[PDB]
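Beneath this line is the structure, given in structure tokens, with notes to follow.
Residue numbering restarts at 1 for every chain, and letters A, B, ... go by the order of the sequence lines. Contacts are counted only within the shown part of the entry, which is not the complete deposit. One-based numbering, in listed order, for ligands and for the atoms of each. Recorded method for this deposit: X-ray crystallography, 2.5 Å.
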Amino acid sequence: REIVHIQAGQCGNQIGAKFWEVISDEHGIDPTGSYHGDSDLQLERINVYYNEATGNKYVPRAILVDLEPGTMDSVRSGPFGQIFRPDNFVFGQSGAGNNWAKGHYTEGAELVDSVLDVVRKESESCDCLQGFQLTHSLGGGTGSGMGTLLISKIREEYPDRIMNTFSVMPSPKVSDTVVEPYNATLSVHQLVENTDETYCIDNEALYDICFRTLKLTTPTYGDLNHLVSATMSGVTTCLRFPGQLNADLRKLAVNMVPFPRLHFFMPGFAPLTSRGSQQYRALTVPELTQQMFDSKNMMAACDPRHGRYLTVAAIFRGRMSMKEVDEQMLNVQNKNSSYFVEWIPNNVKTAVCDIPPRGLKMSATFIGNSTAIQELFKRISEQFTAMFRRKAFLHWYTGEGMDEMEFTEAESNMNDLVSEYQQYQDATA
Amino acid sequence: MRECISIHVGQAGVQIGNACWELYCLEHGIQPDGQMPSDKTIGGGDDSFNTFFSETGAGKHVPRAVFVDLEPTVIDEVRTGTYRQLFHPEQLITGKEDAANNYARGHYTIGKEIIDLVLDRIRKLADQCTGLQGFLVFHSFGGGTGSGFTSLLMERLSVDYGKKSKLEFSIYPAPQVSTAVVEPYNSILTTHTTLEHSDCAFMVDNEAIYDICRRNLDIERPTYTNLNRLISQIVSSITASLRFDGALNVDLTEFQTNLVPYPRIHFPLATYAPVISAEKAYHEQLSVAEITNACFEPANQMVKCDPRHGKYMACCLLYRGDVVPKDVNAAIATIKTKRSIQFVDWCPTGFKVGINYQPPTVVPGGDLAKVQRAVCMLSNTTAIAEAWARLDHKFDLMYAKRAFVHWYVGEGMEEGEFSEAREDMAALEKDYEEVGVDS
Amino acid sequence: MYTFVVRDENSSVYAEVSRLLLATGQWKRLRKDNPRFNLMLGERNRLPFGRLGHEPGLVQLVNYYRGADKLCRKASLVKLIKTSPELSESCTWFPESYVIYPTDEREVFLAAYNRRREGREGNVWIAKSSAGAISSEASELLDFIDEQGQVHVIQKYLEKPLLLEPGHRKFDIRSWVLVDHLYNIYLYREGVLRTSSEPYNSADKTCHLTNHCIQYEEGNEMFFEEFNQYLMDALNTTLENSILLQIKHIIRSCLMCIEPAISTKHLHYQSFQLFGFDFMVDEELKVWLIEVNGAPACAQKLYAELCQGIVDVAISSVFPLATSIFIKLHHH
Amino acid sequence: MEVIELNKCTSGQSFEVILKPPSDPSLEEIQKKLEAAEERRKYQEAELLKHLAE
Ligand SMILES: CC[C@]1(O)C[C@@H]2CN(CCc3c([nH]c4ccccc34)[C@@](C(=O)OC)(c3cc4c(cc3OC)N(C)[C@H]3[C@@](O)(C(=O)OC)[C@H](OC(C)=O)[C@]5(CC)C=CCN6CC[C@]43[C@@H]65)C2)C1
Ligand SMILES: CC[C@@H](/C=C(/C)[C@@H]1C[C@@H](OC)C[C@H](O)C(C)(C)[C@@]2(O)O[C@@H](C[C@H](OC)[C@@H](O)C(=O)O1)C[C@@H](OC)[C@@H]2O)CO
Ligand SMILES: C/C(=C\c1csc(C)n1)[C@H]1C[C@H]2O[C@H]2CCC[C@@H](C)[C@H](O)[C@@H](C)C(=O)C(C)(C)[C@@H](O)CC(=O)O1
Ligand SMILES: Nc1nc2c(ncn2[C@@H]2O[C@H](COP(=O)(O)OP(=O)(O)OP(=O)(O)O)[C@@H](O)[C@H]2O)c(=O)[nH]1
Ligand SMILES: Nc1ncnc2c1ncn2[C@@H]1O[C@H](COP(=O)(O)OP(=O)(O)CP(=O)(O)O)[C@@H](O)[C@H]1O
Ligand SMILES: COc1cc2c(c(OC)c1OC)-c1ccc(OC)c(=O)cc1[C@@H](NC(C)=O)CC2
Ligand SMILES: Nc1nc2c(ncn2[C@@H]2O[C@H](COP(=O)(O)OP(=O)(O)O)[C@@H](O)[C@H]2O)c(=O)[nH]1
Ligand SMILES: [Ca+2]
Ligand SMILES: [Mg+2]
Ligand SMILES: [Mg+2]
């Protein structure tokens with residue numbers, strides 16, 4: 001039932017805020033936490049993400065963390081910034097300097113217990129807490145280093161709850177900072193061991209979509225983040241709205257993750273169409289379905305045609321006949337059955353929800369668990385070793401007390417993870 | 001007076017259960033508040049419907065039923081439905097966290113904490129019985145609760161209620177009818193450990209029920225409500241012997257007596273006819289010969305398989321409505337000649353026939369048209385092994401890679417339980433092959 | 001487009017058909033254990049029929065009829081002809097035969113042996129089974145069935161066959177029949193004669209068995225065109241009048257008999273199958289059924305056309321893609 | 001084709017038409033299997049909490 005949400009660092013707080021902004025609009029909540037909705041379908045499951053305060057006020061079950069105040073003020077002074085519980089702001093002053101070691105071991109060490117206190121206070125207010133969700137980037141210092149420290153501490157207090165993260169991978173196409181492959185590799189190591197489900201949101205993929213597909217010549221984080229919030233709303237539809245699915249996070253993990261370490265998901269969203277003459281066409285289910293599976297629509301920069309899907313979850317939203325959706329989804333599998341492993345029968349599932357996202361008559365959200373995600377970890381691995389071969393920029397991390405061995409076993413873990421994906425790409429029945 | 005207690009486990013069992021009790025009430029004249037004006041014995045009585053309903057001093061007729069689910073969503077419906085006033089709160093049992101489509105979680109982790117409470121509520125009902133003959137248990141194969149908890153319950157029921165009969169109504173998984181990818185695991189796990197603890201199991205393939213709805217009822221995308229109201233007709237005609245004055249199958253033990261020669265091969269096939277659509281205004285009335293015939297066409301069976309390539313060990317024809325014996329023998333005379341009905345050489349080639357003069361009831365506003373006569377055929381044929389072979393193959397594909405296996409091991413089940421269940425299924429398949437082969 | 005999988009590697013005929021399918025650019029082969037297939041060219045034995053027709057959204061068709069083995073097993077054919085009322089134990093085109101176990105008919109066979117030996121009649125019998133690729137004494141045949149741990153059929157040996165001249169040689173006739181998913185019975189216009197180069201001597205196991213395995217004309221095979229001219233010149237008759245009417249009639253009676261048992265009308269998957277019928281022709285131009293083959297090979301010359309015919313009426317009939325070498329044997 | 005065992009009642013009748021002649025564990029056991037599963041679970045939890053303490 002209840003989910004506790006944590007956003008850490010600049011990126012995590014940025015996309016975390018847009019997420020609450022978007023789903024608040026869907027559930028008919030205004031920026032002061034009052035309900036102004038029509039359908040009651042919007043309150044059926046409102047308690048999943050919102051706490052009910054005195055006076056018919058719904059407040060997000062959200063914890064906001066950062067090692068510097070800047071983004072705290074930014075969120076607090078924005079649209080839907082007043083909706084958040086004021087106790088649930090936990091920030092420092094030092095900042096992490098895009099340094100994983102500062103977030104994970106030195107500066108974050110002091111703030112971490114304050115966060116666990118708010119986490120603990122929210123968990124005890126839950127009827128039956130099902131688990132946690134974290135938004136953060138892997139390329140920085142706070143969301144990457146301190147976000148993973150939070151995951152580790154939270155898992156130790158709630159060892160049987162589901163742990164789920166929306167994790168933004170770094171790309172040289174978007175960001176300037178040379179040490180990002182270092183931060184990401186240390187983070188991936190923590191994620192393979194302490195999360196149950198991780199959505200891989202690749203800034204490299206988000207950039208190609210905005211630049212190539214959407215024709216945005218000067219992409220901003222606001223553009224990228226509006227893709228992320230749309231996808232985050234889509235993948236959480238079946239938690240926040242009733243209908244045909246009696247599903248929570250654990251059931252999703254059980255049916256999406258056939259092997260413990262292989263829990264990194266490839267997300268996608270339809271529709272995506274550049275401005276503007278095509279923005280007025282009516283979307284048909286056949287078109288939604290082809291777009292959803294198109295490699296160029298994927299939100300992790302990896303070619304799904306290079307590998308195989310272990311499992312797929314697809315969710316459609318809006319007014320549409322389920323018969324059309326059924327036929328179309330079966331068409332994709334029957335006509336391209338070599339891209340789905342045959343040792344997992346009937347391994348693509350569909351859910352349809354009546355309420356559509358704001359601004360769209362229809363939409364589809366894609367959750368793919370594909371062996372091709374290895375391309376993402378290979379890319380980060382290449383950048384890592386090019387630098388680590390010569391111990392370049394290592395002093396920023398050893399000056400915080402870290403050893404070289406810790407880097408060696410992080411790259412080691414990621415290389416094995418790559419190997420594991422490769423072995424089911426060639427596994428046959 | 002011999003009573004029967006129904007236990008409904010998991011979403012499927014509770015929703016199918018809700019459909020059955022609604023149908024029973026329409027069939028006996030019991031209203032949604034528990035009163036039946038046609039009952040002249042207030043507070044008691046030794047009538048046939050009393051094997052499924054107890055009576056309160058106030059004149060209310062309570063179902064002899066128990067509802068269990070490990071999460072309250074589905075049972076809350078029953079708690080607020082048309083027939084909420086007919087149940088006691090003590091008959092509705094809900095947890096807070098479900099089995100997550102995970103057998104090991106339903107059987108071992110969550111099951112351990114709730115089994116004694118369920119047994120205590122069942123015990124309360126058995127105490128109100130003077131001649132309790134056994135249990136009818138409804139549950140899916142694929143659910144974590146339906147597979148995992150039902151198994152624990154069956155094992156327990158043998159202990160506390162040894163020698164009492166246990167009958168099963170089981171929903172066989174079908175991708176058509178929304179299936180999780182691990183339902184093949186749950187199905188083999190629960191069949192293996194329940195096999196020794198039920199005396200007769202009525203399997204319903206969601207794929208078969210789905211096609212009847214689309215083909216005969218003209219329903220583009222059947223809902224659970226469509227599936228569940230059709231399943232209710234079959235259950236109602238199977239149990240109609242226990243709830244009505246009759247002579248065929250008056251006691252649960254007669255089901256195995258009449259239908260299960262071999263203990264392990266206790267899965268009779270159900271065929272039902274006619275399924276006519278209520279929208280259809282014409283309503284051409286079929287003869288007993290026509291509907292008897294339909295029982296031998298594959299498209300009317302509860303499991304998709306081909307009985308022409310198997311052997312029968314028992315066959316029962318259960319008619320409802322406007323049916324005279326003279327017509328039945330005449331139909332069997334014909335059916336024999338124009339049909340391939342091979343019995344095993346150790347059993348006699350014959351048919352047990354029951355006739356209930358009361359015709360099938362329909363839920364007002366359902367999808368089925370009211371008919372003058374209907375048949376439900378129960379046959380123990382080896383053709384049903386086809387459903388086990390399908391299921392075992394899907395199991396093997398995943399198990400060869402140990403896919404999803406860690407979810408069950410992490411709940412405290414040991415990996416060995418998998419291959420022990422699979423070997424049992426291999427044996428069950430050898431059993432069917434031996435009973436109906438000749439080369 | 002459409003998808004198919006190959007599960008019998010050895011099939012010379014379906015090895016060919018799958019090449020025509022690929023040649024259309026509208027079919028694709030997908031491994032063996034992948035279940036999202038439109039067509040399954042299945043294996044000879046233990047074909048998992050129970051797995052077909054269950055994949056959502058896939059019209060599945062298979063190249064074998066579940067149940068047609070009853071017609072294609074020596075032992076079961078003899079039992080089917082005698083027990084089925086539409087064929088009768090007096091069926092005038094099947095040689096007298098009995099099933100003998102090394103249900104048994106060894107007591108009934110000996111009764112029909114002394115009834116003939118006493119009657120002073122030709123009593124040459126052939127004995128065979130379904131595990132192999134002729135005598136006048138019962139004491140010599142029954143001890144043979146015992147030295148072989150397999151069930152055998154003892155069938156009356158056709159003592160007075162029709163012989164070809166020049167050569168005074170024996171032969172049999174092979175007909176190819178195709179049954180589609182609608183149970184149309186299609187007879188392939190072209191047949192083959194399995195000739196024996198060795199002259200026939202009714203008093204040596206080469207001039208009696210005519211199949212190509214044991215062995216004038218190339219490949220000991222004569223085609224209908226030639227055999228037709230021979231009947232015209234030698235006997236003043238035609239192939240259609242004196243032989244093909246009986247062949248057409250035998251083929252209908254056998255397949256019409258088992259249709260209620262094997263028909264896939266109203267089944268969740270569809271079936272078709274190519275059969276081989278083996279016939280004998282005696283001195284009086286009477287045709288005898290020898291055996292029915294469920295997995296026949298084809299004459300090397302006739303692999304095309306017949307295989308192209310299989311895709312035309314059997315496969316493309318249910319999966320249409322963007323003359324007639326068959327004779328529709330009208331039935332029902 | 002013979003008819004036998006004809007029973008006639010108020011709400012129907014029954015009979016048999018013949019065509020051709022013919023030619024457990026204890027409560028202890030269960031609770032030991034359940035407690036054993038609880039053992040393996042607790043052992044796994046200890047391996048996780050131990051690895052996290054490191
Ligand atoms: C989505 C957030 C983003 O706005 C994305 C880009 C970068 N930054 C901020 C804004 C920005 C951009 N360019 C800037 C130049 C000066 C100051 C600021 C900018 C941005 C753009 O043009 O649209 C707004 C941009 C940036 C780049 C950018 C594209 C881009 O917008 C299209 N490139 C992908 C890289 C780049 O390194 C590259 O690989 O070549 C294409 C690229 O190189 C060249 C020769 O263009 C370039 C351009 C300054 C060079 C050196 C540093 N790298 C980092 C990323 C890259 C840039 C957009 C963050
Ligand atoms: C589905 C498995 C795995 C790859 C395959 C095989 C998928 C199949 C289907 O996916 C929508 C494509 C579909 O059948 C079409 C051909 C009609 C189509 O939509 O293809 C895309 C081009 C796409 O480029 C990426 C293609 O290469 C691709 O992704 O193919 C536009 C256009 O091309 C002509 C065409 O309209 C992706 O999950
Ligand atoms: C493609 C879209 C809609 C659409 C497709 S066909 C139709 C009638 N409408 C949606 C997609 C939404 O998921 C959200 C992400 C889109 C990002 C945009 C905000 C983007 O930054 C911007 C440049 C745009 O593309 C538009 C503002 C033109 C946007 O309205 C169209 C779009 O992509 O939104
Ligand atoms: N016919 C029918 N099948 C159902 C129904 N509900 C679920 N099923 C089927 O049962 C399987 C899922 O089992 P459920 O009963 O939903 O699960 P559960 O017993 O609640 O188990 P958990 O939720 O995992 O604890 C799937 O194959 C569904 O298609 C129903 O009302 N009718
Ligand atoms: N009843 C019979 N009378 C006379 N000759 C017979 C006969 N049955 C079989 N033969 C001869 O034996 C040959 C083999 O026929 P049989 O039915 O045994 O085939 P087979 O299964 O052994 C090999 P194939 O499948 O290639 O025909 C025939 O071609 C014929 O020459
Ligand atoms: C709460 O949200 C979801 C929860 C689940 C699923 C899912 O995808 C449809 C969701 O997101 C829409 C789901 C996913 C994948 C499956 O197989 C890969 C499966 O068998 C099964 C499922 C779900 N069950 C069904 C029948 O779809 C249960 C878990
Ligand atoms: N998609 C997206 N990525 C962001 C955003 N802000 C920062 N990033 C990325 O996050 C990484 C830097 O981490 P950041 O969150 O700034 O650092 P932190 O505050 O120390 O956690 C780089 O790869 C940035 O491109 C944002 O709003 N959206
Ligand atoms: Ca009474
Ligand atoms: Mg920053
Ligand atoms: Mg449930």
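The drug name recorded for ligand 6 is colchicine. The drug located at ligand 1 is named vinblastine. In this PDB structure, the PDB entry names the chief binding partner of colchicine (ligand 6) as Tubulin beta-2B chain. The heavy-atom neighbours of colchicine (ligand 6) at a 4.0 Å cut-off, by chain: A, B. By chain and number, the binding site of colchicine (ligand 6) (heavy atoms under 4.0 Å) reads A:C238, A:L239, A:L245, A:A247, A:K251, A:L252, A:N255, A:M256, A:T311, A:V312, A:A313, A:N347, A:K349, B:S178, B:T179, B:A180, B:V181.
For colchicine (ligand 6), no other ligands or ions have an atom under 4.0 Å away. Among protein heavy atoms, the minimum distance from atom 28 (C) of colchicine (ligand 6) is reached at A:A247 CB, 3.8 Å.
For B:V181, a nitrogen or oxygen atom sits less than 3.5 Å from a nitrogen or oxygen atom of colchicine (ligand 6), counting backbone and side chain alike.
Atoms of colchicine (ligand 6) found under 4.0 Å from any heavy atom of A:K251, numbered from 1 in the order shown, are 29 (C). In summary, the atoms of colchicine (ligand 6) found under 4.0 Å from a heavy atom of A:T311, numbered by their order in the structure, are 18 (C).
Heavy-atom proximity to A:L239, at under 4.0 Å, picks out these atoms of colchicine (ligand 6): 1 (C). Residue, atom and distance of the protein heavy atom nearest to atom 8 (O) of colchicine (ligand 6) are A:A313 CB, 3.2 Å.
The name recorded in the entry for chain B is Tubulin alpha-1B chain.
UniProt lists residues of chain A as binding GTP; of these, a heavy atom under 4.0 Å from colchicine (ligand 6) occurs in none.
Counting atoms of colchicine (ligand 6) from 1 in the listed order, those under 4.0 Å from a heavy atom of A:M256 are 15 (C), 18 (C).
In the vicinity of A:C238, heavy-atom distances shorter than 4.0 Å reach the colchicine (ligand 6) atoms 1 (C), 2 (O), 12 (C).
The protein heavy-atom contact nearest to atom 3 (C) of colchicine (ligand 6) is A:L252 CD1, 3.6 Å. Lab note: per PDB, source of chain A = Bos taurus.
Taking a cut-off of under 4.0 Å to the non-hydrogen atoms of B:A180, the atoms of colchicine (ligand 6) that pass are 20 (O).
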